[PDB]
Enquirer: 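Okay, here's the structure I mentioned, the one with duloxetine.
The residues of the chain are indexed from 1 along the displayed sequence. In each ligand, atom 1 is the first atom listed, and ligand 1 is the first ligand listed. FYI, side chains are in, hydrogens and waters are out, and symmetry mates aren't considered; it's all heavy atoms of this structure.
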Amino acid sequence: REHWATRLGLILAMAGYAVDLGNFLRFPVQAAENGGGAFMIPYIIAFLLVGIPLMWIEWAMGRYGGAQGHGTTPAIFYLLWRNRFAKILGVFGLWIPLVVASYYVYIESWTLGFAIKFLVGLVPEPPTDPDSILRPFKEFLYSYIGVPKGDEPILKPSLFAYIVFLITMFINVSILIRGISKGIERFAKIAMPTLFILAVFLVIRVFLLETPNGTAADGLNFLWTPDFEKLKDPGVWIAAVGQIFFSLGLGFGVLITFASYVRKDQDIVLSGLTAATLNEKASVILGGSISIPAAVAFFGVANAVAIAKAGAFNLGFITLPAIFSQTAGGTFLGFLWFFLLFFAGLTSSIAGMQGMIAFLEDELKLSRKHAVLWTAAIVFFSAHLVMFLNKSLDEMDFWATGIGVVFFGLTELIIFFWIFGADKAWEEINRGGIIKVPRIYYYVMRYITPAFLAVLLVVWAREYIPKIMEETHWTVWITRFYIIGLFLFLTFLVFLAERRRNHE
Ligand SMILES: CNCC[C@H](Oc1cccc2ccccc12)c1cccs1
Ligand code: NA
Ligand code: NA
(Lines of atoms letter the chains of each structure in order from A; the text may use other names.)
(Lines give C-alpha, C1' and ligand atoms only; values in the text may rest on other atoms or scores of the structure.)
(Ligands and ions follow the chains in the order given, each with its own letter.)
Protein backbone atom coordinates (compact mmCIF):
# COMPACT_ATOMS: atom_id res chain seq x y z
CA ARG A 1 0.00 0.00 0.00
CA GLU A 2 1.14 3.54 -0.84
CA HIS A 3 2.25 5.95 1.89
CA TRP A 4 3.07 9.63 2.40
CA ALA A 5 6.82 10.17 1.99
CA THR A 6 7.27 13.21 4.24
CA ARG A 7 5.35 14.52 7.26
CA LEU A 8 5.41 17.97 5.66
CA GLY A 9 3.92 16.67 2.42
CA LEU A 10 1.12 15.07 4.41
CA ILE A 11 0.13 18.35 6.06
CA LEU A 12 0.42 20.19 2.74
CA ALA A 13 -1.82 17.69 0.95
CA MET A 14 -4.33 17.74 3.81
CA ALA A 15 -4.26 21.54 3.86
CA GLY A 16 -4.34 21.59 0.06
CA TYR A 17 -7.67 19.81 0.29
CA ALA A 18 -9.11 22.15 2.94
CA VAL A 19 -7.92 25.35 1.27
CA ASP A 20 -10.23 26.05 -1.67
CA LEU A 21 -12.38 28.75 -3.27
CA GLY A 22 -14.42 28.76 -0.07
CA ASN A 23 -11.48 30.25 1.79
CA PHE A 24 -11.32 33.25 -0.52
CA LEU A 25 -15.00 33.72 -1.37
CA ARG A 26 -17.50 31.82 0.78
CA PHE A 27 -15.89 32.59 4.15
CA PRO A 28 -15.61 36.39 3.63
CA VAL A 29 -19.28 36.57 2.54
CA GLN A 30 -20.54 34.55 5.52
CA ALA A 31 -18.62 36.72 7.97
CA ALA A 32 -19.95 40.01 6.59
CA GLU A 33 -23.58 38.86 6.70
CA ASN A 34 -23.42 37.43 10.22
CA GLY A 35 -21.91 39.94 12.63
CA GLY A 36 -18.64 40.71 10.87
CA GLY A 37 -15.96 40.31 13.52
CA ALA A 38 -18.62 39.07 15.93
CA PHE A 39 -19.00 36.06 13.64
CA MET A 40 -15.62 34.90 14.95
CA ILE A 41 -17.26 34.02 18.27
CA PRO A 42 -19.53 31.23 17.00
CA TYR A 43 -16.98 30.32 14.30
CA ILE A 44 -14.14 29.61 16.73
CA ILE A 45 -16.54 27.75 19.03
CA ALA A 46 -17.67 25.46 16.20
CA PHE A 47 -14.01 24.96 15.31
CA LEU A 48 -13.36 23.63 18.81
CA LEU A 49 -16.49 21.61 19.54
CA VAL A 50 -17.19 20.17 16.08
CA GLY A 51 -14.47 20.87 13.52
CA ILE A 52 -11.41 19.75 15.45
CA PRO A 53 -13.02 16.67 17.08
CA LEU A 54 -14.43 15.39 13.76
CA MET A 55 -11.12 16.10 12.05
CA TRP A 56 -9.29 13.80 14.46
CA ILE A 57 -11.96 11.10 14.08
CA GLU A 58 -11.78 10.95 10.28
CA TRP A 59 -7.98 10.85 10.58
CA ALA A 60 -8.41 8.03 13.11
CA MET A 61 -10.82 5.91 11.04
CA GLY A 62 -8.58 6.46 8.03
CA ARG A 63 -5.34 5.26 9.58
CA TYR A 64 -7.17 2.47 11.38
CA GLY A 65 -8.52 1.30 8.03
CA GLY A 66 -5.38 2.02 6.03
CA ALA A 67 -3.33 -0.35 8.17
CA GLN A 68 -5.71 -3.10 7.04
CA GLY A 69 -5.48 -2.09 3.38
CA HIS A 70 -8.82 -0.29 3.11
CA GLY A 71 -9.16 3.42 2.39
CA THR A 72 -12.90 3.77 1.86
CA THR A 73 -15.92 3.81 4.20
CA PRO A 74 -17.79 0.81 2.77
CA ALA A 75 -14.87 -1.25 4.08
CA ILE A 76 -13.94 0.86 7.11
CA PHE A 77 -17.50 1.12 8.48
CA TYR A 78 -17.51 -2.68 8.20
CA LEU A 79 -14.37 -2.85 10.34
CA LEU A 80 -15.76 -0.58 13.05
CA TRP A 81 -19.17 -2.16 12.89
CA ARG A 82 -19.68 -5.65 11.50
CA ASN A 83 -23.12 -5.26 9.95
CA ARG A 84 -24.63 -5.53 6.45
CA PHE A 85 -26.04 -2.02 6.94
CA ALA A 86 -22.63 -0.52 7.76
CA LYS A 87 -21.43 -1.41 4.28
CA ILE A 88 -24.48 0.37 2.86
CA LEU A 89 -24.08 3.44 5.08
CA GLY A 90 -20.46 3.45 3.90
CA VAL A 91 -21.45 3.85 0.24
CA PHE A 92 -22.46 7.46 0.95
CA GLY A 93 -18.84 8.36 1.66
CA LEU A 94 -18.04 6.87 -1.71
CA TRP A 95 -21.11 8.51 -3.25
CA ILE A 96 -20.73 12.03 -1.83
CA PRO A 97 -17.33 13.10 -3.20
CA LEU A 98 -18.13 11.49 -6.56
CA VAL A 99 -21.16 13.77 -6.85
CA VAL A 100 -19.07 16.78 -5.91
CA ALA A 101 -16.48 15.81 -8.52
CA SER A 102 -19.32 15.72 -11.04
CA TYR A 103 -19.55 19.51 -10.81
CA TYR A 104 -16.50 20.85 -8.96
CA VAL A 105 -13.85 19.84 -11.49
CA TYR A 106 -16.01 21.68 -14.00
CA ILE A 107 -16.21 24.82 -11.87
CA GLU A 108 -12.46 24.39 -11.43
CA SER A 109 -12.14 24.47 -15.21
CA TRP A 110 -13.81 27.90 -15.33
CA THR A 111 -11.04 29.45 -13.28
CA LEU A 112 -8.47 27.94 -15.63
CA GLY A 113 -10.44 29.22 -18.61
CA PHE A 114 -10.81 32.71 -17.17
CA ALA A 115 -7.16 32.65 -16.12
CA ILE A 116 -6.23 31.97 -19.74
CA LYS A 117 -8.68 34.54 -21.12
CA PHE A 118 -7.22 37.16 -18.77
CA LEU A 119 -3.58 36.31 -19.48
CA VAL A 120 -3.95 36.83 -23.23
CA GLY A 121 -6.22 39.81 -22.62
CA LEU A 122 -9.37 38.31 -24.15
CA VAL A 123 -11.69 40.01 -21.64
CA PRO A 124 -14.35 42.76 -21.85
CA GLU A 125 -13.24 46.37 -21.67
CA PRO A 126 -15.89 48.80 -20.29
CA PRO A 127 -17.28 51.45 -20.54
CA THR A 128 -18.95 55.63 -15.02
CA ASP A 129 -21.72 53.66 -13.27
CA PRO A 130 -21.68 50.23 -11.51
CA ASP A 131 -24.20 48.49 -13.78
CA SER A 132 -22.34 49.78 -16.83
CA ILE A 133 -19.15 48.11 -15.60
CA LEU A 134 -20.56 44.88 -14.17
CA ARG A 135 -22.80 43.96 -17.12
CA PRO A 136 -20.00 43.36 -19.66
CA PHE A 137 -18.56 40.84 -17.18
CA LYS A 138 -21.92 39.44 -16.14
CA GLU A 139 -22.37 38.70 -19.84
CA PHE A 140 -18.76 37.57 -20.23
CA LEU A 141 -19.35 34.82 -17.70
CA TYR A 142 -22.77 33.84 -19.07
CA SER A 143 -21.28 33.23 -22.52
CA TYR A 144 -18.73 30.87 -20.97
CA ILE A 145 -21.21 28.87 -18.88
CA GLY A 146 -23.90 29.05 -21.54
CA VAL A 147 -26.59 30.48 -19.25
CA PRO A 148 -29.98 29.96 -20.98
CA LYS A 149 -31.37 32.97 -22.84
CA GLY A 150 -34.78 31.33 -23.20
CA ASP A 151 -37.29 29.53 -20.98
CA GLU A 152 -35.51 26.24 -21.68
CA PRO A 153 -33.39 24.88 -18.80
CA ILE A 154 -30.57 24.23 -21.26
CA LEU A 155 -26.99 25.45 -20.88
CA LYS A 156 -24.85 25.95 -23.98
CA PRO A 157 -21.23 26.24 -22.81
CA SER A 158 -18.75 27.63 -25.33
CA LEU A 159 -16.41 25.33 -27.23
CA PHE A 160 -13.59 26.93 -25.24
CA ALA A 161 -15.22 26.20 -21.87
CA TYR A 162 -15.65 22.57 -22.90
CA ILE A 163 -12.07 22.29 -24.18
CA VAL A 164 -10.68 23.81 -20.98
CA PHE A 165 -12.79 21.33 -19.01
CA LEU A 166 -11.12 18.50 -20.94
CA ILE A 167 -7.71 20.09 -20.34
CA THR A 168 -8.60 20.46 -16.66
CA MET A 169 -9.63 16.81 -16.38
CA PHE A 170 -6.38 15.84 -18.09
CA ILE A 171 -4.39 17.94 -15.59
CA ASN A 172 -6.07 16.10 -12.71
CA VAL A 173 -5.30 12.71 -14.25
CA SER A 174 -1.64 13.69 -14.75
CA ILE A 175 -1.07 14.19 -11.03
CA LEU A 176 -3.38 11.37 -9.90
CA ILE A 177 -1.81 8.67 -12.05
CA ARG A 178 1.57 9.14 -10.34
CA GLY A 179 0.22 7.98 -6.99
CA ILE A 180 0.11 9.41 -3.48
CA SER A 181 3.74 10.43 -2.94
CA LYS A 182 5.20 11.15 -6.38
CA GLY A 183 1.92 12.73 -7.48
CA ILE A 184 -0.39 14.30 -4.89
CA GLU A 185 2.26 14.93 -2.24
CA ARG A 186 4.79 16.08 -4.83
CA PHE A 187 2.24 18.55 -6.18
CA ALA A 188 1.11 19.69 -2.72
CA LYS A 189 4.72 20.73 -2.10
CA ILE A 190 4.60 22.95 -5.19
CA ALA A 191 0.98 24.09 -5.12
CA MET A 192 0.74 25.34 -1.54
CA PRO A 193 3.82 27.61 -1.72
CA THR A 194 2.72 28.97 -5.11
CA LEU A 195 -0.72 29.43 -3.57
CA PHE A 196 0.66 31.39 -0.61
CA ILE A 197 2.81 33.63 -2.81
CA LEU A 198 -0.13 34.58 -5.02
CA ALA A 199 -2.32 35.25 -2.00
CA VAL A 200 0.21 37.59 -0.37
CA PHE A 201 0.85 39.38 -3.67
CA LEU A 202 -2.85 39.96 -4.20
CA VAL A 203 -3.32 41.05 -0.55
CA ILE A 204 -0.56 43.66 -0.94
CA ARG A 205 -1.98 44.89 -4.25
CA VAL A 206 -5.48 45.17 -2.77
CA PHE A 207 -4.33 47.23 0.23
CA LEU A 208 -2.94 49.76 -2.27
CA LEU A 209 -6.33 50.16 -3.96
CA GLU A 210 -7.61 53.73 -3.74
CA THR A 211 -10.73 54.87 -5.58
CA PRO A 212 -12.96 57.96 -5.19
CA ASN A 213 -15.46 55.55 -3.60
CA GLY A 214 -13.19 54.25 -0.83
CA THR A 215 -10.09 52.32 0.20
CA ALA A 216 -9.13 48.76 1.13
CA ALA A 217 -9.00 49.83 4.77
CA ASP A 218 -12.72 50.53 4.44
CA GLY A 219 -13.09 46.92 3.32
CA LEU A 220 -11.16 45.49 6.25
CA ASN A 221 -13.17 47.87 8.42
CA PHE A 222 -16.64 46.84 7.22
CA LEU A 223 -15.68 43.17 7.32
CA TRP A 224 -14.09 42.97 10.77
CA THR A 225 -16.09 45.50 12.80
CA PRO A 226 -18.23 43.31 15.08
CA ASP A 227 -22.03 43.38 15.16
CA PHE A 228 -22.71 41.45 18.38
CA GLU A 229 -26.47 41.99 18.06
CA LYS A 230 -26.47 39.28 15.39
CA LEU A 231 -25.10 36.72 17.87
CA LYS A 232 -28.66 36.45 19.19
CA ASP A 233 -29.72 34.87 15.90
CA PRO A 234 -29.52 31.05 15.95
CA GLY A 235 -29.04 31.21 12.18
CA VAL A 236 -25.65 32.82 12.69
CA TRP A 237 -24.70 29.96 15.01
CA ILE A 238 -25.99 27.50 12.41
CA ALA A 239 -24.09 29.17 9.56
CA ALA A 240 -20.94 29.06 11.69
CA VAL A 241 -21.15 25.32 12.38
CA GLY A 242 -21.99 24.76 8.73
CA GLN A 243 -19.11 26.90 7.50
CA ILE A 244 -16.48 25.21 9.69
CA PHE A 245 -17.78 21.85 8.54
CA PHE A 246 -17.59 23.02 4.98
CA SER A 247 -14.20 24.74 5.25
CA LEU A 248 -12.38 21.74 6.77
CA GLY A 249 -13.99 19.33 4.30
CA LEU A 250 -15.66 17.12 6.89
CA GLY A 251 -18.18 14.50 5.77
CA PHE A 252 -16.79 13.95 2.28
CA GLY A 253 -14.75 10.87 3.15
CA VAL A 254 -11.66 12.55 1.75
CA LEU A 255 -9.78 12.97 5.02
CA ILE A 256 -10.57 9.34 5.81
CA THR A 257 -9.08 8.16 2.51
CA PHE A 258 -6.04 10.45 2.77
CA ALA A 259 -5.31 9.41 6.36
CA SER A 260 -5.40 5.77 5.24
CA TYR A 261 -2.05 6.43 3.57
CA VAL A 262 -0.62 7.46 6.93
CA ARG A 263 1.38 4.62 8.51
CA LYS A 264 -0.04 2.63 11.45
CA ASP A 265 1.79 4.40 14.30
CA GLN A 266 2.49 7.80 12.72
CA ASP A 267 1.07 10.94 14.36
CA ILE A 268 -2.37 12.15 13.30
CA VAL A 269 -3.23 14.38 16.27
CA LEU A 270 -0.69 17.16 15.75
CA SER A 271 -0.51 16.71 11.98
CA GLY A 272 -4.25 17.13 11.55
CA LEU A 273 -4.39 20.06 13.96
CA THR A 274 -1.69 21.69 11.83
CA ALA A 275 -3.43 21.25 8.47
CA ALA A 276 -6.65 22.46 10.08
CA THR A 277 -4.80 25.55 11.29
CA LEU A 278 -3.26 26.23 7.87
CA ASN A 279 -6.74 26.28 6.36
CA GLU A 280 -8.11 28.70 8.96
CA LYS A 281 -5.12 31.04 8.63
CA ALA A 282 -5.59 31.14 4.86
CA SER A 283 -9.26 32.01 5.38
CA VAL A 284 -9.10 34.88 7.89
CA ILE A 285 -5.74 36.38 6.90
CA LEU A 286 -5.45 35.89 3.14
CA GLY A 287 -9.00 35.28 1.90
CA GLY A 288 -10.65 37.97 4.00
CA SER A 289 -8.11 40.50 2.79
CA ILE A 290 -8.58 40.23 -0.97
CA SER A 291 -12.21 39.78 -2.06
CA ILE A 292 -14.35 41.91 0.28
CA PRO A 293 -11.83 44.76 0.76
CA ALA A 294 -11.22 45.26 -2.98
CA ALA A 295 -14.97 45.19 -3.57
CA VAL A 296 -15.59 47.88 -0.96
CA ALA A 297 -12.54 49.87 -2.10
CA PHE A 298 -14.02 50.23 -5.59
CA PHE A 299 -17.76 50.45 -4.90
CA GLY A 300 -17.61 52.15 -1.51
CA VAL A 301 -18.74 50.89 1.89
CA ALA A 302 -22.25 52.02 0.90
CA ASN A 303 -22.67 48.95 -1.31
CA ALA A 304 -20.76 46.65 1.04
CA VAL A 305 -24.03 45.07 2.16
CA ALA A 306 -25.37 44.80 -1.39
CA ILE A 307 -22.06 43.25 -2.44
CA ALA A 308 -22.16 40.62 0.33
CA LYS A 309 -25.80 39.80 -0.42
CA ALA A 310 -24.83 39.31 -4.08
CA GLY A 311 -23.34 35.95 -3.14
CA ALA A 312 -19.82 34.52 -3.21
CA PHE A 313 -20.17 33.43 -6.83
CA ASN A 314 -20.86 36.94 -8.17
CA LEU A 315 -18.07 38.42 -6.06
CA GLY A 316 -15.51 36.06 -7.57
CA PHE A 317 -16.57 35.74 -11.21
CA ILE A 318 -18.34 39.02 -12.02
CA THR A 319 -17.51 41.68 -9.44
CA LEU A 320 -13.76 41.14 -8.97
CA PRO A 321 -13.03 40.70 -12.68
CA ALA A 322 -14.89 43.97 -13.31
CA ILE A 323 -12.82 45.82 -10.72
CA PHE A 324 -9.54 44.55 -12.16
CA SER A 325 -10.49 45.83 -15.61
CA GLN A 326 -10.48 49.32 -14.06
CA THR A 327 -7.11 49.05 -12.30
CA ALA A 328 -3.55 49.64 -13.52
CA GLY A 329 -2.44 46.41 -15.19
CA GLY A 330 -5.62 44.72 -13.98
CA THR A 331 -5.71 42.16 -16.79
CA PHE A 332 -2.73 40.47 -15.12
CA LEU A 333 -4.45 40.64 -11.72
CA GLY A 334 -7.39 38.79 -13.21
CA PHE A 335 -4.85 36.20 -14.31
CA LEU A 336 -3.24 35.98 -10.87
CA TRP A 337 -6.64 35.83 -9.19
CA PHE A 338 -8.08 33.08 -11.38
CA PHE A 339 -4.80 31.15 -11.35
CA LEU A 340 -4.89 31.46 -7.56
CA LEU A 341 -8.37 29.94 -7.58
CA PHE A 342 -7.36 27.29 -10.12
CA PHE A 343 -4.68 25.76 -7.89
CA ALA A 344 -6.89 26.08 -4.81
CA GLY A 345 -9.43 23.88 -6.55
CA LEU A 346 -6.87 21.61 -8.22
CA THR A 347 -5.43 20.77 -4.81
CA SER A 348 -8.94 19.78 -3.72
CA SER A 349 -10.13 17.96 -6.85
CA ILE A 350 -7.17 15.56 -6.79
CA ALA A 351 -8.08 14.83 -3.17
CA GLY A 352 -11.80 14.38 -3.81
CA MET A 353 -11.20 11.96 -6.66
CA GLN A 354 -8.77 9.79 -4.68
CA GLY A 355 -11.58 8.03 -2.82
CA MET A 356 -12.88 6.32 -5.95
CA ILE A 357 -9.32 5.51 -7.05
CA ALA A 358 -8.68 3.94 -3.64
CA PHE A 359 -11.88 1.86 -3.72
CA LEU A 360 -11.10 0.38 -7.14
CA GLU A 361 -7.58 -0.37 -5.95
CA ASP A 362 -8.34 -1.64 -2.45
CA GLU A 363 -11.61 -3.50 -3.03
CA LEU A 364 -11.68 -4.36 -6.73
CA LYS A 365 -7.92 -4.86 -7.03
CA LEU A 366 -7.57 -2.57 -10.04
CA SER A 367 -4.18 -1.12 -10.92
CA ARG A 368 -3.61 2.54 -10.15
CA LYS A 369 -3.73 3.34 -13.88
CA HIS A 370 -7.07 1.63 -14.42
CA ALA A 371 -8.48 2.96 -11.14
CA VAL A 372 -7.55 6.52 -12.15
CA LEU A 373 -8.85 6.33 -15.72
CA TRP A 374 -12.18 4.70 -14.91
CA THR A 375 -12.69 7.24 -12.12
CA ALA A 376 -11.95 10.02 -14.61
CA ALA A 377 -14.35 8.39 -17.09
CA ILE A 378 -17.20 8.34 -14.59
CA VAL A 379 -16.66 11.97 -13.53
CA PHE A 380 -16.28 13.21 -17.12
CA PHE A 381 -19.46 11.47 -18.23
CA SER A 382 -21.58 12.64 -15.29
CA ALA A 383 -20.36 16.24 -15.65
CA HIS A 384 -22.27 16.65 -18.94
CA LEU A 385 -25.38 16.78 -16.76
CA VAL A 386 -23.85 19.78 -14.97
CA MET A 387 -22.56 21.33 -18.19
CA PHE A 388 -25.77 21.00 -20.20
CA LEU A 389 -28.65 20.79 -17.73
CA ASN A 390 -29.47 24.06 -16.00
CA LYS A 391 -29.57 24.00 -12.17
CA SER A 392 -28.33 20.40 -12.17
CA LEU A 393 -25.23 21.79 -10.45
CA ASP A 394 -27.25 23.24 -7.60
CA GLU A 395 -29.22 20.03 -7.11
CA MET A 396 -26.03 17.96 -6.83
CA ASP A 397 -24.50 20.56 -4.54
CA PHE A 398 -27.59 20.73 -2.31
CA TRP A 399 -27.94 16.96 -1.75
CA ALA A 400 -24.25 15.93 -1.67
CA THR A 401 -22.88 18.89 0.39
CA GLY A 402 -25.75 19.81 2.79
CA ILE A 403 -27.19 16.39 3.76
CA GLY A 404 -24.25 14.20 2.84
CA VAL A 405 -21.78 16.04 5.08
CA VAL A 406 -24.04 16.53 8.13
CA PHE A 407 -25.59 13.06 7.95
CA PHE A 408 -22.31 11.30 7.15
CA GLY A 409 -20.40 13.10 9.91
CA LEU A 410 -23.06 12.08 12.43
CA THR A 411 -22.79 8.55 11.00
CA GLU A 412 -18.99 8.66 11.36
CA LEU A 413 -19.33 9.86 14.96
CA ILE A 414 -21.83 7.19 15.99
CA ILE A 415 -20.11 4.28 14.24
CA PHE A 416 -16.57 5.01 15.45
CA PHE A 417 -17.23 6.42 18.89
CA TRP A 418 -20.51 4.88 19.99
CA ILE A 419 -20.69 1.60 18.05
CA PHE A 420 -17.01 0.70 17.70
CA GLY A 421 -16.57 1.87 21.29
CA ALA A 422 -15.41 5.25 22.59
CA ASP A 423 -12.45 3.92 24.60
CA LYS A 424 -11.05 1.87 21.72
CA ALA A 425 -11.56 4.94 19.53
CA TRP A 426 -9.88 7.44 21.86
CA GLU A 427 -6.82 5.19 21.96
CA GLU A 428 -6.89 4.94 18.17
CA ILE A 429 -6.77 8.73 17.92
CA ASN A 430 -4.03 9.38 20.49
CA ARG A 431 -1.83 6.44 19.43
CA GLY A 432 1.47 7.51 17.86
CA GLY A 433 0.52 11.10 18.62
CA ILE A 434 3.33 13.60 19.08
CA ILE A 435 0.96 15.42 21.40
CA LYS A 436 -2.03 13.92 23.19
CA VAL A 437 -5.60 15.09 22.70
CA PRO A 438 -6.87 17.04 25.76
CA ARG A 439 -8.79 14.77 28.15
CA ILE A 440 -11.79 17.12 27.92
CA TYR A 441 -12.25 16.35 24.21
CA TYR A 442 -13.49 12.87 25.16
CA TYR A 443 -16.76 14.42 26.34
CA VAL A 444 -16.87 16.77 23.37
CA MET A 445 -16.46 13.93 20.88
CA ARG A 446 -19.03 11.78 22.66
CA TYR A 447 -21.81 14.27 23.44
CA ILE A 448 -21.16 17.88 22.40
CA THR A 449 -20.10 17.09 18.83
CA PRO A 450 -23.00 14.75 17.95
CA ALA A 451 -25.47 17.08 19.71
CA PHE A 452 -24.38 19.95 17.48
CA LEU A 453 -24.51 17.74 14.39
CA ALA A 454 -27.99 16.59 15.36
CA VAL A 455 -29.47 20.05 16.01
CA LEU A 456 -27.85 20.97 12.70
CA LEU A 457 -29.67 17.99 11.13
CA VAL A 458 -33.05 19.06 12.49
CA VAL A 459 -32.68 22.74 11.47
CA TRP A 460 -31.44 21.63 8.09
CA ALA A 461 -34.38 19.18 7.68
CA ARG A 462 -36.96 21.87 8.36
CA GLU A 463 -35.59 24.79 6.33
CA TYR A 464 -34.20 23.57 2.98
CA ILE A 465 -35.88 20.23 1.95
CA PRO A 466 -39.45 21.46 1.74
CA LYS A 467 -38.11 24.20 -0.57
CA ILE A 468 -36.27 22.07 -3.17
CA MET A 469 -38.98 19.37 -3.20
CA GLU A 470 -41.87 21.57 -4.40
CA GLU A 471 -40.73 24.93 -5.78
CA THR A 472 -38.12 23.55 -8.19
CA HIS A 473 -38.58 22.86 -11.90
CA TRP A 474 -39.33 19.29 -12.95
CA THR A 475 -35.87 18.93 -14.49
CA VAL A 476 -34.39 18.42 -11.02
CA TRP A 477 -35.84 14.92 -11.17
CA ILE A 478 -33.33 14.19 -13.94
CA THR A 479 -30.47 15.11 -11.62
CA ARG A 480 -32.14 13.21 -8.79
CA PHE A 481 -32.62 10.27 -11.14
CA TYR A 482 -28.93 10.32 -11.98
CA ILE A 483 -27.47 10.83 -8.52
CA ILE A 484 -29.74 8.06 -7.22
CA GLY A 485 -28.57 5.82 -10.07
CA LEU A 486 -25.00 6.47 -8.98
CA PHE A 487 -25.74 5.28 -5.46
CA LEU A 488 -27.32 2.11 -6.88
CA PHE A 489 -24.25 1.58 -9.08
CA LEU A 490 -21.91 2.04 -6.13
CA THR A 491 -24.03 -0.35 -4.10
CA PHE A 492 -23.43 -2.88 -6.86
CA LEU A 493 -19.65 -2.40 -6.90
CA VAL A 494 -19.57 -2.86 -3.13
CA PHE A 495 -21.60 -6.03 -3.72
CA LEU A 496 -19.13 -7.23 -6.36
CA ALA A 497 -16.29 -6.32 -3.99
CA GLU A 498 -17.48 -8.66 -1.24
CA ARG A 499 -18.34 -11.45 -3.68
CA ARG A 500 -14.78 -11.34 -5.00
CA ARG A 501 -13.40 -11.68 -1.47
CA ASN A 502 -15.41 -14.80 -0.62
CA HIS A 503 -13.92 -16.47 -3.70
CA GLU A 504 -10.35 -15.69 -2.64
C1 LIG B 1 -13.39 22.45 1.83
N2 LIG B 1 -12.41 21.76 1.02
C3 LIG B 1 -12.84 21.02 -0.15
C4 LIG B 1 -14.24 21.46 -0.56
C5 LIG B 1 -15.03 20.30 -1.13
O6 LIG B 1 -14.15 19.68 -2.06
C7 LIG B 1 -14.41 18.41 -2.47
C8 LIG B 1 -14.91 17.47 -1.57
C9 LIG B 1 -15.17 16.16 -1.99
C10 LIG B 1 -14.94 15.74 -3.30
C11 LIG B 1 -14.44 16.60 -4.26
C12 LIG B 1 -14.22 16.17 -5.56
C13 LIG B 1 -13.71 17.08 -6.48
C14 LIG B 1 -13.44 18.40 -6.12
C15 LIG B 1 -13.64 18.88 -4.83
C16 LIG B 1 -14.14 18.00 -3.88
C17 LIG B 1 -16.18 20.89 -1.85
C18 LIG B 1 -16.09 21.97 -2.69
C19 LIG B 1 -17.35 22.31 -3.22
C20 LIG B 1 -18.43 21.51 -2.81
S21 LIG B 1 -17.80 20.31 -1.72
NA1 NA C 1 -11.48 25.66 3.55
NA1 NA D 1 -7.44 22.95 -2.91
Enquirer: Hey, where's duloxetine in this structure? All the copies, please.
Expert: ligand 1
Enquirer: Looking at this structure, what macromolecule is in contact with duloxetine (ligand 1) the most, according to the PDB entry?
Expert: Transporter
Enquirer: Define the binding site of duloxetine (ligand 1) at 4.0 Å using heavy atoms, by chain and number.
Expert: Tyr17, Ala18, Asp20, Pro97, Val100, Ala101, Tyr103, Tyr104, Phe246, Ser247, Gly249, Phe252, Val254, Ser348, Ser349, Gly352, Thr401
Enquirer: Measuring from duloxetine (ligand 1), which other ligands or ions can be reached in less than 4.0 Å?
Expert: none
